[PDB]
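Following: one structure in structure tokens, then a few remarks.
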Amino acid sequence: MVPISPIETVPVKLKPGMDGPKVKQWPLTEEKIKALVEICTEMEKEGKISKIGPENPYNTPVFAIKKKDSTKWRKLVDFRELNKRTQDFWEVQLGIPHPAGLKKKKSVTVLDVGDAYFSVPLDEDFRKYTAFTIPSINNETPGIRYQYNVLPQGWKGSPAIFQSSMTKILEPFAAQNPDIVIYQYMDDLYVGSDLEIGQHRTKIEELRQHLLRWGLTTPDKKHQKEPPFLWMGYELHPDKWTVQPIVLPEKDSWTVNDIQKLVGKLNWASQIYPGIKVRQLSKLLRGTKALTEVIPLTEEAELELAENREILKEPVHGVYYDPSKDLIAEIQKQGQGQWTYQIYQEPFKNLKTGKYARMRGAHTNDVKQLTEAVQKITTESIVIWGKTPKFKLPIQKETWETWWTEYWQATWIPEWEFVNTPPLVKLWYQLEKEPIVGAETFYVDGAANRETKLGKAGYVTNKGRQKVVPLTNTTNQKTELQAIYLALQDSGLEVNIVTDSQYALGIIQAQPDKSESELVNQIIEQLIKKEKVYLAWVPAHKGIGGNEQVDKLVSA
Amino acid sequence: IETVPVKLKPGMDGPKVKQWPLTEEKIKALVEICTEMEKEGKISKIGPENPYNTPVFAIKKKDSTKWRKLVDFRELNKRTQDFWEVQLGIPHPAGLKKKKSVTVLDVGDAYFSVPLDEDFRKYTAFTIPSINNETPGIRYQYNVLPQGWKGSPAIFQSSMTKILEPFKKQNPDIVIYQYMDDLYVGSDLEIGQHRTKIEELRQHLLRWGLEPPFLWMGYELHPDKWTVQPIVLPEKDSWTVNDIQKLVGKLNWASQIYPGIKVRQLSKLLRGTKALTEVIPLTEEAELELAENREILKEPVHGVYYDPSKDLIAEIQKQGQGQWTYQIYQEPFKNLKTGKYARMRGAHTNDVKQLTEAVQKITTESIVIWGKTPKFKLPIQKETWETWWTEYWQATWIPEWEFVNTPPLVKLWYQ
Ligand SMILES: Cc1cc(/C=C/C#N)cc(C)c1Nc1ccnc(Nc2ccc(C#N)cc2)n1
Ligand SMILES: O=C(O)c1cc2cc(F)ccc2[nH]1
Ligand SMILES: O=C(O)c1cc2cc(F)ccc2[nH]1
Ligand SMILES: [Mg+2]
């Protein structure tokens, strides 16, 4: 024989303070017991398991499942209890490769490594914890006791240890053949290259040889699976990729379940199908989670669904990454806090698409949302391609400079250029930095009774203009906002406004253009119509004239 | 040469932190560095039975073109034991902040000469990721004292003092303080003299060493010139209504910090409902009240003390035009130090690079005065900061930070 290199075992431990499993073996029919005996005898012939003496105190239940539409049974060792007691492992399958980051390949061959899996031995000191028992016929003899010598199917550490064992085997072959790509998924190895099919098939045979150094055989009758590959919900072709078919169902009535799976399909399709929107459909699941209840779909939801059906009429494909060309990312505003983007290298051939939704919060504006969408695309691009794309944004360079220089927070967008495709992101108002000469000065204030919810809001001005409005079902914070709204309502196009509300300033200094409070939205609408607005703050209850006068009027 | 026994804290598992995304240039740099470190035995490949992980990335130290590997041991450092076996601690030298030239030296590569306890090495696990996760991440662990781990200076301290024994008693005047991978040396000498005793210092570490890649560097500070911020009120000949409102607002704020601040006569000047731009003459009662407040603001704050058992907190405000203000405190309104920056380096168009450099300079100041880093309250969205701060980081340590989402009105009073 030819000597083969052994696969070094991974030392496995149980979690600290825990012991192995000691679970009862279920009673089995006489027909199931025979089937397990013949199955386990074959596994023992192949070296997968070994019979053990009675001193081993551990046990894991075994079952026999009828392979549907066949007279052949199949074994199942229920390692659920041992998995609870097995240590945590490093899981490399943490992050899938995104197809948009892959490179085009002329040839991609598949090799089966199913036999190589049980050539990976289990740590000798851990094998005792995998003990199981086949019940004897009529319970008149001791049951047959086995333990595993290889990675058992269903055990917690089997995927991680197999992947790491094969990784260590493939490392020298990949390093010394940099003109090929190798990827492992389940019991298969995928080898791609740009080599001519003669040189490519030579590399495949060289890989088969290299695998025999460890005694791992691969089937000679080459794999039936061939491009395209159905993999992780994608369709992989040699020079293109897409998602597996997205079919939106026809339904006269929709359930919470139907909408949950509908948004999931739309989210999955949004990575290559441009312009997918899910806000109005996702609004219908707000707060409630009774799986079977029916929800009437709003007219806003039927339009969004009809728009999505029109986007999904015909297939759309993405191209693969060319490292020799720049990445370009373009963003568009869709409305209602929805943003869509495309990432490409050559015009009209996207690598991938995507979308971004506004975070739920009290107040926000378009510039903040565009900034957040840029940071999400940036991070996603570092993951997939290892570099930041050049951005094409629907915001003028002058608008951005005005925003970030005056915004109270530090903010930054990477290298970008303006693209003139409406709707453009703009600033709807900008407060003055100094008081306005000639503009009327409005001293506003509001107050409310915490028990009766009754309050007043109003203002007094330097020209003698006054107003106090009685209010019901309001709070101290609402009256302070209402008072500012009244000053904006009753003033000319330039106005100075003096308030003592730290609450109202914390809102307005955040510069929102849309809010969850309609009262703030009315103030924003008033601010947009003005020419000049100066907002000044003073502390309350300090004898500040103007503020002191209106406070007595509104707190009465 | 013999490992010191090291344990975590009771009822505490190792770190399991996710490796954040890295650019192509940083991955290739880390692969080249770790390949060399593996050849020199500093690190070793690990298997899947090690579930722990600590993030890693690469930087460029100030004034150099070579990549430096930096491990973010923040989570591990929280979880390792506190070492008071030989010394309860290093009583922080209060004289370092009073020398007029302090140079920072990167001596972290000297840690690699001491092996790490075999049972603790698994907790230093880190991963070199691959682009698009196309190839399995490269998994390493440390065989020697790692840079950035709080146990490295504690374990190596026994060796460091003996290396510096010939230099320190030759130059008794000179203050030497170690924080993590950094060595701060303060002197009262002239700078031309200063840099050559800096390299005189470098003599000892390469002499024993037999090469450290970043030992030839020097970060020159001047803690004697470090400027304070006292509260100052405007001096005007004509005061508008808006001017007096802003003044009363600032004085009301200072009254939380200083007891005897009064605003009653100044507020009376606002009696009526006047235009914001109208000039108001100061009454006498108001001028005296203003002068009395000026006198109060020239004294220090009462009951201000540093407590080494409490965390230092650093707040930062963006003032515009590349200027930033900051305050270090442990209790509200009890500022231990305040300052202001404007000379922010090569980022007149990048807010985040300015803030990242402000954080590093404030942390450097905090290390010199108190010997520990503060927890920052950053005026930036979390997603914006975490995307970009690693691109402008040049220090070997990393402080803690939280994010401010509400605009502080105290910014009006620190400009
Ligand atoms: C991640 C991955 C999944 C499969 C697929 C697993 C399955 N099922 C096959 C391979 C070879 C890879 N690895 C890599 C690495 C770099 N570029 C590429 N490009 C690439 C991959 C497939 C096709 C095709 N057809 C074309 C180009 N693949
Ligand atoms: O470059 C590759 O395709 C590659 C590198 C590599 C290293 C391993 F350890 C296993 C598979 C691999 N594939
Ligand atoms: O760039 C803009 O959109 C913008 C700038 C600006 C300045 C103002 F004074 C008022 C509104 C604005 N909008
Ligand atoms: Mg009031």
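Protein chains get the first letters and strands the later ones, always in sequence-line order, with residue 1 at the start of each. Side chains are part of it too, since the values below use all heavy atoms of this structure and drop only hydrogens, waters and symmetry mates. Every number for a ligand or one of its atoms is a count from 1 in the order of the listing.
- The chain with the most heavy-atom contacts to ligand 1 in this structure is named in the PDB entry as Reverse transcriptase/ribonuclease H.
- The drug that appears at ligand 1 goes by the name rilpivirine.
- Counting only non-hydrogen atoms, chains lying under 4.0 Å from rilpivirine: A, B.
- For atom 3 (C) of rilpivirine, the closest non-hydrogen atom of the protein is A/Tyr183 CD2, 3.5 Å.
- This entry records no covalent attachment of rilpivirine to a chain.
- For A/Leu236, a nitrogen or oxygen atom sits less than 3.5 Å from a nitrogen or oxygen atom of rilpivirine, counting backbone and side chain alike.
- By the criterion of a heavy-atom distance under 4.0 Å, both the backbone and the side chain of A/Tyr190 are placed next to rilpivirine.
- At the shortest separation from atom 28 (N) of rilpivirine among protein heavy atoms lies A/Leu102 CD2, 3.7 Å.
- Taking 4.0 Å as the cut-off, A/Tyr185 does not count as a neighbour of rilpivirine on heavy-atom distance.
- For atom 19 (N) of rilpivirine, the closest non-hydrogen atom of the protein is A/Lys103 O, 2.7 Å.
- Ranking the protein heavy atoms by distance from atom 22 (C) of rilpivirine puts A/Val108 CG2, 4.1 Å first.
- Counting only heavy atoms of the protein, atom 16 (C) of rilpivirine lies nearest to B/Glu134 OE1, 3.7 Å.
- Of all atoms in rilpivirine, numbered sequentially from 1 with element shown, those under 4.0 Å from a heavy atom of A/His237 are 23 (C), 24 (C), 25 (N), 26 (C).
- Using a 4.0 Å cut-off to heavy atoms of A/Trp231, the atoms of rilpivirine that qualify are 6 (C), 7 (C), 8 (N).
- For chain B, the PDB entry gives the name p51 RT.
- Heavy-atom proximity to A/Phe229, at under 4.0 Å, picks out these atoms of rilpivirine: 8 (N), 24 (C), 25 (N).
- Counting heavy atoms within 4.0 Å, the binding site of rilpivirine comprises A/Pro97, A/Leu102, A/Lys103, A/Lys105, A/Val108, A/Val181, A/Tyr183, A/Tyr190, A/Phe229, A/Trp231, A/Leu236, A/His237, A/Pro238, A/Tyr320, B/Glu134.
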